[PDB]
Peer 1: 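Structure of interest includes ketanserin; see the questions below.
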Amino acid sequence: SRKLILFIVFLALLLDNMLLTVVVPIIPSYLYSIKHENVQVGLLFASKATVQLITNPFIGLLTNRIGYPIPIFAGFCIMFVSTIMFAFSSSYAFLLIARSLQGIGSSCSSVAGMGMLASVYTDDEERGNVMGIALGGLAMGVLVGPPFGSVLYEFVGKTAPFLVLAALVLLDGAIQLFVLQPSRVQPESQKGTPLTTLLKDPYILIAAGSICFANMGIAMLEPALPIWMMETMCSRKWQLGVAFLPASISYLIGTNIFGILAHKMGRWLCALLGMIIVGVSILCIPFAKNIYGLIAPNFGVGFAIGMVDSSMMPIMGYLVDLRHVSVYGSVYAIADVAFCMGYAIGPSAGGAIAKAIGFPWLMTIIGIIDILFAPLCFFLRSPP
Ligand SMILES: O=C(c1ccc(F)cc1)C1CCN(CCn2c(=O)[nH]c3ccccc3c2=O)CC1
């Protein structure tokens, strides 16, 4: 009965991404009103992703000393605290602190949950399936966040989305306490291989780079696309919001189905095809003239990112099992660092490049990089 661990990881990722995507619509207007009585949003997101990026190696090393359950419960506690502060804080410094705490909790939950899933599902196929489900939960939380927040804001109040999220967080924490039971400290049997040896592995580097570039695609998509839309198509705000819906839906479907299909098609082949597809979709994005012209490339981008994630995340554990000690804190900390590497420079830089050179040139460069990195996944195939 280890499906409870999968449910806990699923819930943690879902609620974390739900908070990360639900805070967005409300705070900036209140910040502007407070200042009186676009860029700072990207600064908030960069802060959260950067704090998650810094914490990842530390949590990876910590999971080898105190085990997984205590980091998971700590992630839950920090995530609850950040949700409460989001509910009650109205200034900018407190909201920045809330974002940083949410980043720490994101690092804890993601790294420890992936490590626990890898350590529990030792089969190479079941591992792929369960982390495909976990990434599908991440995508589900991303997709549900904004509609849930808008509905609760219109129905009850501004604090309602965060209070309901905090109630769900308390339910998840009660489940964790009942199942995980982080009463004592349980060190792992074998000392983990240091990251200095892990970053020296070309295959782990290749998988991490594939994840990093695949996520960098959408990471620089998010803040630069609305400006280009308003400049060329003069599109409306609802059209801007709808634009990323195909990406989220395709990401959810891709994660859920390719967590299973990667082991059938071949993880290396799935990653190569995903990189090619995301490169082609990003190349085709600038040529669109209407939102209907971006419905298909966004779907391709989401599907390809789901392919790459749900293929490379299992391959990380497979590689660390094959050529390293069977401990998954450090390698999945590396994978989280790969995620945050794109998600942290996205908001901060994407605008800068989209202003220095044209948005079509930026997206052409990103797509060319992804296409050229696609053949590097050829080296991740198994000899037998
Ligand atoms: O949509 C997504 C997605 C994922 C995979 C996939 F394949 C297809 C789509 C998710 C949606 C949440 N974001 C992170 C949240 N976030 C920022 O981090 N920075 C921003 C800067 C400016 C404006 C908004 C944002 C913003 O929402 C991460 C990716």
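What you see of chain A is 18-54, 128-474, where the numbers are those given in the PDB entry. The figures that follow rest on heavy atoms only: side chains count, while hydrogens, waters and symmetry mates do not. Header lists the method as electron microscopy, 3.0 Å. For ligands, and for the atoms within them, numbers begin at 1 and follow the listed sequence.
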Peer 1: I'm trying to find ketanserin in this model - which chains or ligands should I check?
Peer 2: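 Copies included, the answer is ligand 1.
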Peer 1: Per UniProt, what is the name of the chain that shares the largest number of close contacts with ketanserin?
Peer 2: Synaptic vesicular amine transporter
Peer 1: Quick one: what's the binding site of ketanserin if I count heavy atoms under 4.0 Å?
Peer 2: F135, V232, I308, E312, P313, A337, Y341, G392, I395, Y433, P437
Peer 1: Can you list the UniProt serotonin-binding residues of chain A with a heavy atom under 4.0 Å from ketanserin?
Peer 2: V232, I308, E312, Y341, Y433
Peer 1: Taking UniProt's transmembrane annotation of chain A and counting from the N terminus, which segments bring a heavy atom under 4.0 Å from ketanserin?
Peer 2: 2, 5, 7, 8, 10, 11
